[PDB]
Amino acid sequence: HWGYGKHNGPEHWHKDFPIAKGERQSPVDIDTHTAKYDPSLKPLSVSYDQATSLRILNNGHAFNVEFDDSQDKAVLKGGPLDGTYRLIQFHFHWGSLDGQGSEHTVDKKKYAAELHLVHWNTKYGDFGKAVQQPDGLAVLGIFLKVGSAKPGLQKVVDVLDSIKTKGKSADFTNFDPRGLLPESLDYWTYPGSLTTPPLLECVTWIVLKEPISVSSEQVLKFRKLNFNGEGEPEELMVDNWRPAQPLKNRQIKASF
Ligand SMILES: NS(=O)(=O)c1cc2c(cc1Cl)N[C@@H](C(Cl)Cl)NS2(=O)=O
Ligand SMILES: [Zn+2]
Ligand SMILES: [Zn+2]
């Protein structure tokens, strides 16, 4: 039943997922004046050159672009991380208007949307084992602002038509996620959680400083997707973001 509506929204998740009120919930507001540079942070290694995308799926709250994670084809290493983390999927969160949609905020600023590249710690063997551990997952988060089109995104935008409703999927091979990165890999990092139920506290968040630009036309096509299944009454897929959660006992570090 969970979702983003008035009766099943984030305000309600704690009832079925008590960890929602936990000590290391995501997302959070990034107070730039309180984040601290950490010169001990090693440089971030994004190695997506052999990434193998497979499929795109409308899961009822967003769409996932899924990848083959049977081997070390696309990985995240270095930065705050120990070991190797394999890309399993990416998705977005976006708003009903350009003034909202991101999950993380920067000095309370909300971007139009946010891209999450989800990776799991290969020493745990699979994703399911990984989300039983405090260092199981690493998510690369990238803000989207509305401006010029992102060429690298257009392929995704153009398949949306075919996965309009919940549980629809389409073939999605040969997509290169490198085309969704900004120039700079400067980041902020903190320990957190999934921002969707079950809200497991297993994530090392790495949030890039530099947003990517996407066109209004591109984001408009995101807002034409549906939460609902086929034949059901249309509920447009918008505002599928969880607001900022309390930082509690956590420090956000800057790589720059
Ligand atoms: N939003 S997020 O990046 O915290 C996130 C979302 C999903 C995750 C994992 C993470 Cl870390 N897993 C999936 C399962 Cl369907 Cl494989 N659901 S999700 O909401 O896309
Ligand atoms: Zn869902
Ligand atoms: Zn997400």
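Just so it is clear, chain A uses the PDB entry numbers, and the residues here are 4-125, 127-260, in order. Indexing begins at 1, ligand by ligand and atom by atom, following the structure's order. Header entry for method reads X-ray crystallography, 1.8 Å. Values below: every heavy atom of this structure, side chains too, minus hydrogens, waters and symmetry copies.
Most heavy-atom contacts to ligand 1: the chain UniProt names Carbonic anhydrase 2.
Sitting at ligand 1 is the drug trichlormethiazide. Taking every heavy atom under 4.0 Å from trichlormethiazide (ligand 1), one finds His64, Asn67, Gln92, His94, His96, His119, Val121, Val143, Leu198, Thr199, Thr200, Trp209. Among protein heavy atoms, atom 8 (C) of trichlormethiazide (ligand 1) sits closest to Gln92 NE2, 3.6 Å. Near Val143, meaning under 4.0 Å from any of its heavy atoms, are these atoms of trichlormethiazide (ligand 1): 3 (O), 11 (Cl). Other ligands and ions under 4.0 Å from trichlormethiazide (ligand 1): ligand 3 (zinc ion). UniProt lists residues of chain A as binding substrate; of these, a heavy atom within 4.0 Å of trichlormethiazide (ligand 1) is found for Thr199, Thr200. Of all atoms in trichlormethiazide (ligand 1), numbered sequentially from 1 with element shown, those under 4.0 Å from a heavy atom of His96 are 1 (N). Between trichlormethiazide (ligand 1) and the UniProt Zn(2+)-binding residues of chain A, heavy-atom distances under 4.0 Å are seen for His94, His96, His119. Among protein heavy atoms, atom 6 (C) of trichlormethiazide (ligand 1) sits closest to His94 CE1, 3.3 Å. UniProt active site of chain A, nearest residue to trichlormethiazide (ligand 1) and heavy-atom distance to 1 Å: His64, 3 Å. The UniProt domain of chain A holding most residues in contact with trichlormethiazide (ligand 1) is Alpha-carbonic anhydrase. Organism of origin for chain A, per the PDB: Homo sapiens.
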